[PDB]
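The chain called A is the first sequence line; B is the second; the pattern continues. Following the PDB entry, chain A residues are numbered 366-425, in order. Using the numbering of the PDB entry, the residues shown for chain B are 366-425, in order. By the numbers in the PDB entry, the shown part of chain C spans 97-325. The PDB entry numbering applies to chain D: residues 97-325, in that order. Note that ligands are numbered from 1 as they come in the structure, with each ligand's atoms numbered from 1 the same way. The figures here come from the full heavy-atom set of this structure, side chains too, leaving out hydrogens, waters and symmetry mates.
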Amino acid sequence: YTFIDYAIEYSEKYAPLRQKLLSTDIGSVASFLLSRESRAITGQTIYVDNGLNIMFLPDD
Amino acid sequence: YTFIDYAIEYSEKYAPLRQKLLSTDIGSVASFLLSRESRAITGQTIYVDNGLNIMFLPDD
Amino acid sequence: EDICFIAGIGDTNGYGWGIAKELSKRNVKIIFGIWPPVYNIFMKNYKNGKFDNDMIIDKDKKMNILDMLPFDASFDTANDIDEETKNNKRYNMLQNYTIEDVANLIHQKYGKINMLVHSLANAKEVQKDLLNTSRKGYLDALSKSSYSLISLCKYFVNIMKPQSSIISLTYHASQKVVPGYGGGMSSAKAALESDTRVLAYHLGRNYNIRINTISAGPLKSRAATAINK
Amino acid sequence: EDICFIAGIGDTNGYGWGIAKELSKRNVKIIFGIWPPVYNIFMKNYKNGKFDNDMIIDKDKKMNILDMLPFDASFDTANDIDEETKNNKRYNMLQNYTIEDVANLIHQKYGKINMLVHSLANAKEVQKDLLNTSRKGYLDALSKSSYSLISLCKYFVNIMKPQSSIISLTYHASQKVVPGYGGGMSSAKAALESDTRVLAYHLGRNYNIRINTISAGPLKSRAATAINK
Ligand SMILES: NC(=O)c1ccc[n+]([C@@H]2O[C@H](COP(=O)([O-])OP(=O)(O)OC[C@H]3O[C@@H](n4cnc5c(N)ncnc54)[C@H](O)[C@@H]3O)[C@@H](O)[C@H]2O)c1
Ligand SMILES: NC(=O)c1ccc[n+]([C@@H]2O[C@H](COP(=O)([O-])OP(=O)(O)OC[C@H]3O[C@@H](n4cnc5c(N)ncnc54)[C@H](O)[C@@H]3O)[C@@H](O)[C@H]2O)c1
Ligand SMILES: Oc1cc(Cl)ccc1Oc1ccc(Cl)cc1Cl
Ligand SMILES: Oc1cc(Cl)ccc1Oc1ccc(Cl)cc1Cl
């Protein structure tokens, strides 16, 4: 039932944090990386995915 | 001449960002990860090292 | 005075909007870069109040948009515009939408900025799997979704202040295989992440500017809906 | 009201202090966990106003310290402490310094907290390269530098509010080799980073708590000097 609906359902079930990922969750992180609060961070790939990326084998 | 002096000197000459790394540079990033502004980040290893880690071969 | 240019807004359902929403919470002036094809429809919706509710900031304020400009990431300079699009229905009544042009346009009207957001991507053959993607489709994905970041930095660094920051969005498909994410998008994202490192070096050493990329999770955005798989 | 417990502060030259300093900017109450061997010396300098200049927070703010408790990361419960350290010159006059006791102590005096910082590490054989580190030395480094995080989490998760966050500090020597970082510290950091992922799963699914680790660059802290290489 469409690629995005599968990914979203999968994320909400297996990610360490079972909560809905809002566009503003990425926004606040973007906000931090764009400010001088993060002057020592560069050339990095920061994951903002409720931690899904750390999983290998899902529970189910 | 002591491990730390070498590490600091090497970082200040080869890192993408040539500036002294302050304890408060890590502090502010630490402050951001502990607040709700990063509700979607978990299980990650965030690099706060002026980008040294991304380098493979030093210039000179 | 912080000014942020966000390239890649077509509505209020994408990440571009989420980023603009959070930035204005901190009082940063926002300039939108809208893909020509949907620029008019966007202005129409904005003008008729369709986005009024989406512009309300938590702290009980109005999101403040400094300007909204047509912008196409597939054209670096004025002479890169082909005659077919040059006379396209949606481009005719528009001008100065190349990367260098909006850079000059913004600089001419608002001075130097200190925040840049690359929030766009595209791929002619995203519906086909990597193996069946043509050379043209593959290069189109990398041109629009990857090189566009490099060109943005190259032209905008001139109108940016030291210590300014640049971000882009990527997806885990670059590191691990997710079937359905085809047309060379996985390839483009893998290049985006690598280039981010290399650019961090050049921008860091030469201008003291930072650049990072955010690997986001799934969000039912317009583009996301277009991935039939 | 935000309450953060920082474990691993022996002076104002480390990362624990920089973290405390930045946290106070946001008005979060700070509770210090001090290793017994240096507890008295820290209190002495503090009371005699040796850190007065270091507690100044730009905006003419004074870093507000809620409490300062003796804390030893190698002891989980009160009956884990051996007779020797129990009667040692530096410990005799102190009490409730095990991980479990400080958790009950903090919860008893301030209730639930919502921020936990693990800023400690130790290894008896840090001066020897990995190959020449003994089993005892190796296990010592992992017990003090890695397990201490799992234990902090086990006992503190009971005095933490949902959505609270936890962080620890690591170093790149876990992923790429740097000679000099011996005694199994590279090993300890590798474990810590891996455990951060596993704990993120358990803590996330059960308590809705987050945990991340910061890989910091070189800082001339007291402990950094101990790495005779
Ligand atoms: N939605 C997700 O689940 C998801 C996940 C991870 C990463 N991302 C990334 O987020 C970024 C934004 O995507 P979104 O998902 O919010 O979708 P979105 O559809 O709202 O935004 C993408 C925008 O790019 C613009 N675009 C296409 N070709 C262009 C061109 N030549 N010049 C300028 N603009 C052009 C479109 O008008 C569109 O608004 C993309 O880089 C995407 O890869 C998204
Ligand atoms: N300084 C750096 O260059 C550097 C770089 C990357 C990561 N780190 C990490 O930062 C963290 C803090 O180190 P720092 O470098 O700021 O040094 P630091 O010496 O100021 O802090 C370490 C503290 O741990 C305490 N300690 C040792 N054993 C303990 C125990 N059993 N119980 C409780 N406390 C104990 C010490 O009193 C000391 O204050 C460590 O985890 C370290 O690995 C430091
Ligand atoms: O990168 C993405 C990742 C996910 Cl899970 C969902 C949508 C994404 O965004 C795109 C995918 C394909 C094309 Cl052609 C354009 C865009 Cl913006
Ligand atoms: O992890 C570190 C990395 C660097 Cl570059 C410098 C200091 C570090 O901190 C330590 C090293 C060894 C021991 Cl025994 C205890 C601590 Cl706190």
Could you tell me which of clonixin, triclosan, zoledronic acid shows up at ligand 4?
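Of clonixin, triclosan, zoledronic acid, it's triclosan.
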Name in the PDB entry of chain in most contact with triclosan (ligand 4):
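The main partner is enoyl-acyl carrier reductase.
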Which other chains are in heavy-atom contact (under 4.0 Å) with triclosan (ligand 4)?
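Heavy atoms from other chains: B, D.
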Triclosan (ligand 4) versus D:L315, non-hydrogen atoms closer than 4.0 Å: side chain, backbone, both, neither?
neither
Within less than 4.0 angstrom of triclosan (ligand 4), does D:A219 place any heavy atom?
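Right, D:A219 reaches triclosan (ligand 4).
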Distance-only N or O hit between triclosan (ligand 4) and D:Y277, under 3.5 Å
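The answer is yes, given that D:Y277 and triclosan (ligand 4) share an N or O pair closer than 3.5 Å.
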Using a 4.0 Å cutoff against the non-hydrogen atoms of D:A319, which atoms of triclosan (ligand 4) qualify?
16 (C), 17 (Cl)
For D:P314, which part has a heavy atom under 4.0 Å from triclosan (ligand 4): side chain, backbone, both, or neither?
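Answer for D:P314: neither.
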Chain B: entry name:
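According to the entry, enoyl-acyl carrier reductase.
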Identify, for atom 15 (C) of triclosan (ligand 4), the protein heavy atom at the shortest distance, and state residue, atom and that distance.
D:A217 O, 3.3 Å
Entry organism field for chain D:
Plasmodium falciparum
Any chance you could list the binding-site residues for triclosan (ligand 4)? Cut-off is 4.0 Å, heavy atoms.
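By heavy-atom distance, that gives B:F368, D:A217, D:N218, D:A219, D:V222, D:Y267, D:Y277, D:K285, D:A319, D:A320, D:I323.
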Identify the protein atoms, limited to N or O, that lie within less than 3.5 Å of an N or O atom of triclosan (ligand 4), and list each pair with its distance to 0.1 Å.
from: triclosan (ligand 4); atom 1: 1 (O); to: D:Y277; atom 2: OH; distance (Å): 2.6

